[PDB]
*Asks:* 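I'm staring at 1-deoxynojirimycin bound to cyclodextrin glucanotransferase and have questions.
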2 protein chains.
Amino acid sequence: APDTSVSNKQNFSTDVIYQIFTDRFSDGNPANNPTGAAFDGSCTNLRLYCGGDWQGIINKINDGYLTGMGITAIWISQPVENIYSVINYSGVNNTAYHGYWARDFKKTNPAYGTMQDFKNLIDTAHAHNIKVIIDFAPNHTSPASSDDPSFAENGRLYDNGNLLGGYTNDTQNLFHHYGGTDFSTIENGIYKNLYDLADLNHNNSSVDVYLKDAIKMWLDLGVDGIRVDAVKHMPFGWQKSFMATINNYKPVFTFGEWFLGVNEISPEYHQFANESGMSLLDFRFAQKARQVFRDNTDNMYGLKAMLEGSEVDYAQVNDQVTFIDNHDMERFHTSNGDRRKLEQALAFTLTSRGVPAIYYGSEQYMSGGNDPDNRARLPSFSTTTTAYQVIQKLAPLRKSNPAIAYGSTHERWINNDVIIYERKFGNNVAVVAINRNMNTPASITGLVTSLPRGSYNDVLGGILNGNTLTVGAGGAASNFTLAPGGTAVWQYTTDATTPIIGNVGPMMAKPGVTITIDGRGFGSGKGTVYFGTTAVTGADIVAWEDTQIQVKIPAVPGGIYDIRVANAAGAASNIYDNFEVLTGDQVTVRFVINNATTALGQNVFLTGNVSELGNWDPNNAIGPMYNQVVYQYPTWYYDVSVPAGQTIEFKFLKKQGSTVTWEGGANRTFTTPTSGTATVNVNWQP
Amino acid sequence: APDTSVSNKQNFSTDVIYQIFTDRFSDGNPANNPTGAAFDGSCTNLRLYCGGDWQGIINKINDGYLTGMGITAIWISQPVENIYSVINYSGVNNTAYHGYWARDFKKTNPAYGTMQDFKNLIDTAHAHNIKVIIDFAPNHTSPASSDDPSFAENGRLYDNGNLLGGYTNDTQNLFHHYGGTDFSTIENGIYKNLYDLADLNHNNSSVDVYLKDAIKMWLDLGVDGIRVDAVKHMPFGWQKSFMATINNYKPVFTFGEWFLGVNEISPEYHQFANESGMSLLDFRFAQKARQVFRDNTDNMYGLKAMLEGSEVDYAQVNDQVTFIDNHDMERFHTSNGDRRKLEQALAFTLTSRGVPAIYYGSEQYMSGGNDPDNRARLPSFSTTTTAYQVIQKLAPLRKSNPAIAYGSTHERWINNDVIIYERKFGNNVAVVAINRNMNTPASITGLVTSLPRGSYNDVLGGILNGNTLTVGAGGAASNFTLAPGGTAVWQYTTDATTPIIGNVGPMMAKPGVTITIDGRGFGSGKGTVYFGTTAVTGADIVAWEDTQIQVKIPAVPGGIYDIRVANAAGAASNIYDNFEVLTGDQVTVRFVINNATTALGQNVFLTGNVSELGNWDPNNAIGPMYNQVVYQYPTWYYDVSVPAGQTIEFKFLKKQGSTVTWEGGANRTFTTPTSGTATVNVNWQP
Ligand SMILES: OC[C@H]1NC[C@H](O)[C@@H](O)[C@@H]1O
Ligand SMILES: OC[C@H]1NC[C@H](O)[C@@H](O)[C@@H]1O
Ligand SMILES: OC[C@H]1NC[C@H](O)[C@@H](O)[C@@H]1O
Ligand SMILES: OC[C@H]1NC[C@H](O)[C@@H](O)[C@@H]1O
Ligand SMILES: [Ca+2]
Ligand SMILES: [Ca+2]
Ligand SMILES: [Ca+2]
Ligand SMILES: [Ca+2]
């Protein structure tokens, strides 16, 4: 099937995501509305249920509101049954309208709909070529107090109606009981509770298996993507075994939320995007885009530096989900802010690298502060706003122009207020020019592009005051004045003769899994896929066509491989690196080491004989291990994804700067479980 | 030996070449000076001999003039015996002072020195770590008139004293007798005479073998590089067999001259750089640098487009020889024009990609128009000009900082008069800021670089009004004013932990030849070199150290290969592409096809079964063939380098866009000569 197909659940760069708070979009079925204290039909108390549901989204796909805008994927609230309690927090009543307070991950939230309503939403979305992404929040169940078991539903977890347990009297340790986080360390934020939310214990085998069975059920119902809540707050080794469960079963595009503030660049955030098996909401993009287009706290050089820097720091930049606002920030459009600012920031996001997400109601110029005020019901379904038309004109280019979906980003002209950038993929080109200054025109002289000679018409049709671009010989444009607030997009597409890989999904899986390689120029006849120097041909290539190849991962040793395609004529593609072949299915094992005393800046790590443990390489060792909450120094601990059902060999080490101190003695051995978790508890061998 | 060693004859990106017109630099031996009418000791008449010789160049290496400037390679006038005639062109007397009128390619020009002086020059240069490049001009001998055999020496060619023949009564057909070129087409400029120079006929086996024995003789005398004259004027297929003779024998850096005018971008020029086996004087760079820093006929946006476009169009941009003026251009500095223009442009060239060449006397601010006025005797040997000091501070960086020798070029800040670019190779960084505006300071706000946080001294120590750069977190530099005319260079080096290939030489040779791979991070232990998927290890790697590997080309089929290095730990490098493995030694064969009538825009091409003939691929066929001068339409002809001593199969095809029309019949076979040339004259087969 081609790369742009709705059946491509693995890669979303050709898509535009519309993020819906299900309760706040459309009430298509009033019979499923919560009653009494839990419901507010006027939606003026934004902490209560207003009535929006899966039938309302079906109705808006059907009548052309969503499809008219060019949307090709929707991201909805977590679908699972939530608690029914109305919680009073300091006067204000609060309900689970947002879908984040789960009680049963195997059932639906009936305010949103039934299992049949969910099936009908999947089938309507697919019939209209829209992919469906669901939130999934495996970190916690709901607000709970173990001291007061009558508060809310005491964080209770059920498995298809069957009670597994609550927070009070948790004799099975389904939950963490360490108090609440103060967010001081990443360790602190993982094992302590977020606010009053009952923290699930993923080291408990019943919790691990339950959540893995639950995600497979939603994959069996046809979902096409997953957005994981609070990835900063769950053990990264458990989330890698969770991603291996998805990828080795039915791989679908998965991304998480790790919040970053203005000007925060975090190593851990970039490591997580690069090594977890999921991508991230691109807060680095979003925060700089709001500084340049909204708050004017940075200029075009800051935007350029973010695009140039992120291209390097994210191993797969085409998988990162970009946005200009969402449920965790003030709405981009403000009361006293010019609407052209929103329109430009949307045109920039839709033409930039990554997978663009638009927060519902952006096209209706909704304004509002932070939660709950950024989640008002959307006030209108007018299809004639400039913002609606901006998305309607640009969002189809992700499907039709491979340069927009996959290309490189090249700054061609810049000054403090103007950027002109080019996206390029093979011979496909798009050029975007943005003047954020609203009172001064920009004189553009000396613009060179990769466009062939011609008079290119602005894809926006002059609605954001764009103009035609005349390109002569050598891609040189004739000079022009870009209007105050001007935004224009120019493009050229052709068929590629060289194979070029634009995206690969999934990025981590065991031998025998089919991955999806998307791009252009592969040709019609089956050629060769290289995983390192290993060639895969014939029957192992499950499908081959010019924009997409599906191929089985060869039985190569676990490790990181470069992927390369050669078409039937032997012409080879660019290399798409950082593919992780797993040793096999994964389980999370907690490694605990006692009596590992360290100096200042010296930390304990783990390594061993499988790729999952760094293959005995100190530079790739697992850690630094943790040593504050579940166990305290000099005992260190860490939850690590490792191959299931096999005897691994390992050793601990201390590292400080360039010095590695290994444990002495014989190498340690451990036979991992086939599913569930296990704990290894040992003592430092000098 | 390391990449920066004087013994690395294959790659010159760590060098700075100083171009010397031997007669116009230093007369170190007055006893070898031409006498009488051929000589002007005062060098007032710039068309006569002034006395400069190889002993004068030895004296300027030994007294510290050249070594003090940081020069690491000299490029001198053609060393071979020239005609002795004083030619009178319309009253003006003229001699071979420039070395371009050869009469014997196997002897030295006596005015420059004996064989002994040449060997002493090689040894003195090498002892002082200077490489030696010679001109070689195999397109012609000298001014000749077949009608008047008494004019000049009638272009006579000798072979070590034995007359091979002259232009009048050329019964052996050593020369072309088609008249002079009008430069209307490439074909016209190849087979007709340049002005009155007796054009050699490379399809004559005596000429072919003589010129290849002559070059081999000079490689045996120890020369380190060859600059070939008039590459646009010899058959490209003969030039490729000549380059293969060099590269399969004693590979040295070879580059040619193909003139480009202002704003001229030629596809044939780039195709020759990429496919001939030699690189080129980078006229594209030179013309744009002059437009921006000398003439003001373009601004920094055009310089940016030149850097960014040349990156892509040259398959190996690190091998192109850059410059701002030379023997075929008016001097960059004008009579009492602003010296800071020259000083900024030299700084620009010394810190940019490729191999920089400085024309002698640039450090003495010599001015003058076109030939012979740009070749005056240099007027001073002062070592205290600002220009001498600029070369001295920046030239060593090509040896010490691999980002300047090999790195990418990245514009980081720009406006009409200011460019700030960054060179990067691994984590080595150099950042250059240039304000060409001589009256307006520039406030640089928003500069982001790859430099670590800290303060950086301008490497030029303020001599071109540069300043200290303070870099904070994120590579963001503090706001500073770049003075009018300000140029500053800031850098950071640190050792490469992983393999990075910066250059490969030669780029075209047969199996068994040793090639030189230069870069950083290869480590001291032998690793693996890949030519495609063919791993080469052990005894086939002739030498391996951290900055340089020498390895023998494996016995793979002829074709274009990617080269990649993996150090002993298995970390792999970037891919260096476009390496051509030849099928074997090369001979040039003339292919002639008669009765090949074509339509509007339909042309004849040759293809065949060796890689040299495109391997039957019509998109890789040799052509379009020629049909004007040696043979006339509908007879087409072409001189093609093919493997020597074997039976090749071939066919002709006609192409008009995408329609390929083949000859009928069984494929033609020919057994190529082992040495010399051959002609295949054949009839179109329907
Ligand atoms: O704090 C990050 C994450 N924690 C849990 C909250 O329920 C969720 O909405 C939030 O986005
Ligand atoms: O000597 C202890 C430690 N040293 C280095 C070896 O690679 C590793 O296998 C061993 O466990
Ligand atoms: O083609 C330019 C070139 N032509 C050939 C001439 O010999 C040389 O003097 C001149 O520089
Ligand atoms: O297709 C015509 C020509 N092409 C290439 C084939 O190898 C040769 O055998 C054939 O005659
Ligand atoms: Ca409802
Ligand atoms: Ca947690
Ligand atoms: Ca002399
Ligand atoms: Ca010629």
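Chain A is the first sequence line, chain B the second, and so forth, proteins listed ahead of strands; every chain is numbered from 1. When a ligand or atom number is given, it counts from 1 through the structure's own listing order. Going by what the header records, the deposited coordinates were determined by X-ray crystallography, 2.0 Å. Just so it is clear, the values below take in all heavy atoms, side chains as well, and ignore hydrogens, waters and symmetry mates.
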*Asks:* Which ligand entries or polymer chains correspond to 1-deoxynojirimycin?
*Replies:* ligands 1, 2, 3 and 4
*Asks:* Provide the letters of the other chains having heavy-atom distances to 1-deoxynojirimycin (ligand 2) under 4.0 Å.
*Replies:*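 Based on heavy atoms, that gives A.
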*Asks:* I'd love a list of the residues lining 1-deoxynojirimycin (ligand 2) within 4.0 Å - heavy atoms, by chain and number.
*Replies:* A:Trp616, A:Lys651, A:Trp662, A:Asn667
*Asks:* Please determine if A:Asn667 has a nitrogen or oxygen closer than 3.5 Å to a nitrogen or oxygen of 1-deoxynojirimycin (ligand 2).
*Replies:* yes
*Asks:* Curious here: most residues of chain A touching 1-deoxynojirimycin (ligand 2), which UniProt domain are they in?
*Replies:* CBM20
*Asks:* How far is atom 1 (O) of 1-deoxynojirimycin (ligand 2) from the closest protein heavy atom, and which atom is that?
*Replies:*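 For this ligand atom, the closest protein heavy atom is A:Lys651 NZ, 4.6 Å.
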*Asks:* According to the entry, what is the source organism of chain A?
*Replies:* Bacillus sp.
*Asks:* For atom 7 (O) of 1-deoxynojirimycin (ligand 2), is the nearest protein heavy atom closer than 4.0 Å?
*Replies:* no
*Asks:* What do you see: which UniProt substrate-binding residues in chain A have a non-hydrogen atom under 4.0 Å from 1-deoxynojirimycin (ligand 2), if any?
*Replies:* none
